[PDB]
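Order of the sequence lines fixes the chain letters, A, B, ..., with proteins taken first and strands second; residue numbering starts at 1 for each chain. The basis for the numbers below is simple: all heavy atoms, side chains too, and nothing from hydrogens, waters or symmetry mates. In each ligand, atom 1 is the first atom listed, and ligand 1 is the first ligand listed.
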Amino acid sequence: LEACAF
Amino acid sequence: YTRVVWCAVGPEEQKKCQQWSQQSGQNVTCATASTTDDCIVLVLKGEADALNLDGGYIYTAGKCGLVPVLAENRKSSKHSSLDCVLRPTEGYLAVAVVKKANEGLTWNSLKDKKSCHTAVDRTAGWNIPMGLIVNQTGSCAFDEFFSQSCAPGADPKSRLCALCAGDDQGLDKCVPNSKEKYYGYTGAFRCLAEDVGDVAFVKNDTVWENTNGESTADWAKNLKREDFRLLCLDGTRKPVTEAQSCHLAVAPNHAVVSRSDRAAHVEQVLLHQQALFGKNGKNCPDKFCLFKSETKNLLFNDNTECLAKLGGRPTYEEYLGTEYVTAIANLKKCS
Ligand SMILES: *[C@@H]1O[C@H](CO)[C@@H](O[C@@H]2O[C@H](CO)[C@@H](O)[C@H](O)[C@H]2NC(C)=O)[C@H](O)[C@H]1NC(C)=O
Ligand SMILES: *[C@@H]1O[C@H](CO)[C@@H](O[C@@H]2O[C@H](CO)[C@@H](O)[C@H](O)[C@H]2NC(C)=O)[C@H](O)[C@H]1NC(C)=O
Ligand SMILES: *[C@@H]1O[C@H](CO)[C@@H](O)[C@H](O)[C@H]1NC(C)=O
Ligand SMILES: NCCCCCC(=O)O
Ligand SMILES: [Fe+3]
Ligand SMILES: [Zn+2]
Ligand SMILES: [Zn+2]
């Protein structure tokens, strides 16, 4: 459950 | 209407995209970046509209808000009266391939061997095999499992790039685009064919499509399927005819992604563009074929029969499947 890599 | 701006990864894709753009009367135009993650960033900035992606890259794109639009559909194993565009996708089989002559090698003795991967972050080339290896070893140190590898996208000075060969001049070693000799399905299979590696992580179709005269390319033209074996998770080795009982996973097909507010227009444009340039398209083979690239799988895999509509307007996690998403997220904990 993470976010966008950029 | 608006033009659709495709994103090509590397200069070979850019050349094909420019041919498509000319043939499409600029209904499609081209932006180009060095890697698939850089194309994802162009689409997130709104400087490109769409590209077709392996499922591991759909995970990266989907975490950033991009959505699946249409999926690759290859020829089905079972007869179907449905038009390709409406026929349900069947995933592809991720496999581990070795040479038959490398007699001792099984899934359980891969440690310290030489590996060939399509690229870091792709499904059959990386997320499935490395996710299984991390789990079975109980260790995140997957960068130390094989003695040397070609895993495009990894640090070029590291053992994960030691087998990579770059371009005709030896520049761009390990870049995750088609300039790297050992990139992608066909590059990782060539890494195995040439005995640069002991094992290649590709899909079933790759082995068939580049053996027994199915490919005329110089490195493939002479390979025989019978010289290869699949590694099964129970530690047995099988002929490549047995992929349905000797695979590592079933992968979701590569698919086109875009920003959500351009998905409907990208979809409509692609359905028209394949009617013109697709398999049996109005203008293929006379003018241009969107799903050929002399085996090099540029923009789309060469075994694409069409881009198909998705069922259920799926989110990226519905398209990839919950189990695969959780496997990726588990592996990404190591990084
Ligand atoms: C492994 O991949 C190969 C290549 O895509 C599949 O073989 C093809 O199957 C199609 C559909 O049945 C045939 O009409 C093609 O002629 C076959 N191609 C070749 C080169 O032989 C094969 O079915 C796949 N194996 C599994 C278990 O999915
Ligand atoms: C690696 O192991 C992890 C941990 O067991 C696997 O994650 C589980 O997957 C199952 C089935 O999809 C789920 O019900 C569990 O919730 C997951 N567990 C955790 C802790 O997240 C993962 O599938 C394995 N990776 C591979 C590639 O097989
Ligand atoms: C360009 O797109 C327009 C609008 O949909 C259409 O009328 C025209 O046929 C298209 N031409 C090609 C070659 O894609
Ligand atoms: N976790 C589900 C992965 C997707 C499987 C591929 C498929 O069923 O088409
Ligand atoms: Fe893939
Ligand atoms: Zn299975
Ligand atoms: Zn849904």
What does UniProt call the chain that holds ligand 4 with the greatest number of close contacts?
-> Lactotransferrin
Drug identity - ligand 4 = aminocaproic acid
Heavy-atom contacts under 4.0 Å with aminocaproic acid, by chain = B
Taking heavy atoms and a cut-off of 4.0 Å, what residues surround aminocaproic acid?
-> B:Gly91, B:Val250, B:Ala251, B:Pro252, B:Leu320, B:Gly321, B:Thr322, B:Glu323, B:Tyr324
Hey, which atoms in aminocaproic acid end up nearer than 4.0 Å to a heavy atom of B:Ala251?
-> 6 (C)
Please report which non-hydrogen protein atom sits nearest to atom 8 (O) of aminocaproic acid, along with the residue it belongs to and the distance in Å to one decimal place.
-> B:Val250 CG1, 4.4 Å
By number and element, which atoms of aminocaproic acid are closer than 4.0 Å to a non-hydrogen atom of B:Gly91?
-> 9 (O)
Enumerated aminocaproic acid atoms positioned under 4.0 Å from heavy atoms of B:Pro252 | 4 (C), 6 (C)
Can you sort out which atoms of aminocaproic acid are near B:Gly321, meaning under 4.0 Å from one of its heavy atoms?
-> 1 (N), 2 (C)
N or O contact, B:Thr89 vs aminocaproic acid, cut-off under 3.5 Å | no
Interfacing atoms of aminocaproic acid (cut-off 4.0 Å, heavy-atom, B:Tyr324) = 1 (N), 2 (C), 3 (C)
Close-contact set for aminocaproic acid against B:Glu323 heavy atoms, below 4.0 Å = 1 (N)
Nearest-contact summary for atom 2 (C) of aminocaproic acid - protein heavy atom, Å = B:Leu320 O, 3.1 Å
UniProt domain (most residues in contact with aminocaproic acid) of chain B | Transferrin-like 2
Which organism is chain B attributed to in the entry?
-> Bos taurus
